[PDB]
Colleague: 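I'm staring at fenoprofen bound to Lactotransferrin and have questions.
Numbers in chain A come straight from the PDB entry, and the residues shown are 342-676, 681-686, in order. In each ligand, atom 1 is the first atom listed, and ligand 1 is the first ligand listed. Per the header of the entry, the method used was X-ray crystallography, 2.1 Å.
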Amino acid sequence: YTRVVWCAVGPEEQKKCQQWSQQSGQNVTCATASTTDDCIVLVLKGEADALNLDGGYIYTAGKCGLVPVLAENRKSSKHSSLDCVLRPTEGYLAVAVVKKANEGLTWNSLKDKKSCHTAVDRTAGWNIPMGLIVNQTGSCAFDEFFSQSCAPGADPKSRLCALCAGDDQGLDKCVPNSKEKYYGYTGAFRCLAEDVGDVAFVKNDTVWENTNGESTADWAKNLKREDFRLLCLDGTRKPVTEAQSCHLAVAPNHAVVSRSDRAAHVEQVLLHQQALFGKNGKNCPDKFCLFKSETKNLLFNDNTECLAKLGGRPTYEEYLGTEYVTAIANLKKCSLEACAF
Ligand SMILES: *[C@@H]1O[C@H](CO)[C@@H](O[C@@H]2O[C@H](CO)[C@@H](O)[C@H](O)[C@H]2NC(C)=O)[C@H](O)[C@H]1NC(C)=O
Ligand SMILES: C[C@@H](C(=O)O)c1cccc(Oc2ccccc2)c1
Ligand SMILES: *[C@@H]1O[C@H](CO)[C@@H](O)[C@H](O)[C@H]1NC(C)=O
Ligand SMILES: [Fe+3]
Ligand SMILES: [Zn+2]
Ligand SMILES: [Zn+2]
């Protein structure tokens, strides 16, 4: 009676989830929805139990009363004896990436350029960079700052969707799931790499995992790191090896959320599922790896080492930290105490 219904966002997640479901002997089964917001609503209703969320999505979910359960944890430096599940999480570095060739474009000349964003309301792709730009300009006209963008989840006929490409057929332009060619970390970095946009708002790790052979994927196999630079907030440009000193912010790790009344069942099952299909897991790479999806980042980021227990049974505000929570409150002025649903 601890069976968990995962929420898959879009059909490729759904496909991975079904393979997970089948491989788990139905300890995990799958609900599917078209956007993250719809998946949150399913969980609210009790029609799904859980999914992994970006930080901006944890905020929306948390005002609706959902709670973080386990955090994604990637490759670590200090405290590396301590086992992944126990090891605290550090956050990731939100960066703004450009082409080297595009000379002279800096954090200080982004007005009227072309922008690539993971999705609207995501941490590295939107909350951080738009939060900065509104604050930098005293202006809530964030939809008027770039000339065109791919910002999945924005109005498809607005300039915020003009660069979005939609699916293999050109359908679903600007939908916030992986059918949108330029959706997500890997999508927004693609948007930049094919020179559709002038800047992509992603995290530090995306640049590395999609260059210098780390990706075999079609558009990525020939990408070279030296061809990109990070935009720092002092107006300078740096190599993508300097993310530590040229980032826009540090982001709270993506975390599994659930209904509070289900949080404990979800926690146990996921710990158990990870021992079966995570990094060194009994059945990965043999039958199934929870943490791989050929760089599509389906249901978990592909760089995820393990899902880690959280210290202090945190609220969602505590999980996100009080800096990030205000920044998001401030930004949402352009648009306090209400669940959105
Ligand atoms: C930014 O991201 C890259 C890619 O994740 C980091 O480099 C990896 O880090 C671990 C140790 O932290 C190495 O052992 C991996 O092999 C690296 N991956 C690759 C593909 O080279 C880098 O450390 C991160 N930088 C900062 C400043 O956070
Ligand atoms: C308020 C709304 C708008 O466009 O006017 C908006 C702004 C930014 C992000 C959004 O995405 C969500 C999603 C769920 C709840 C609230 C906002 C929704
Ligand atoms: C924007 O301005 C407010 C007011 O100073 C500040 O609290 C917030 O952290 C700023 N947001 C970002 C994303 O830097
Ligand atoms: Fe994120
Ligand atoms: Zn910093
Ligand atoms: Zn607390």
Colleague: Specify every chain or ligand assigned to fenoprofen.
Modeller: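 That would be ligand 2.
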Colleague: So what's the organism behind chain A, according to the entry?
Modeller: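 Going by the PDB entry, Bos taurus.
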Colleague: Covalent bond partner of fenoprofen: which residue and atom, if any?
Modeller: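 The deposited model shows no covalent tie.
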Colleague: Among protein heavy atoms, which lies nearest atom 16 (C) of fenoprofen, and at what distance?
Modeller: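 Scanning the protein heavy atoms, the shortest distance from atom 16 (C) of fenoprofen goes to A685 CB, 3.8 Å.
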Colleague: Which atoms of fenoprofen are found less than 4.0 Å from any heavy atom of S676?
Modeller: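 Listed by number with element, the hits are 1 (C), 7 (C).
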Colleague: Can you tell me the protein heavy atom closest to atom 14 (C) of fenoprofen and the distance?
Modeller: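 Scanning the protein heavy atoms, the shortest distance from atom 14 (C) of fenoprofen goes to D378 OD2, 3.5 Å.
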Colleague: Closer than 4.0 Å and a protein heavy atom, does any atom meet both conditions relative to atom 12 (C) of fenoprofen?
Modeller: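 Yes, because at least one protein heavy atom sits under 4.0 Å from atom 12 (C) of fenoprofen.
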Colleague: Any protein heavy atom under 4.0 Å from atom 4 (O) of fenoprofen?
Modeller: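 No, there is no protein heavy atom closer to it than 4.0 Å.
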Colleague: Which residue holds the protein heavy atom closest to atom 18 (C) of fenoprofen, what is that atom called, and what is the gap in Å?
Modeller: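 Of the protein heavy atoms, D462 OD2, 4.5 Å lies nearest.
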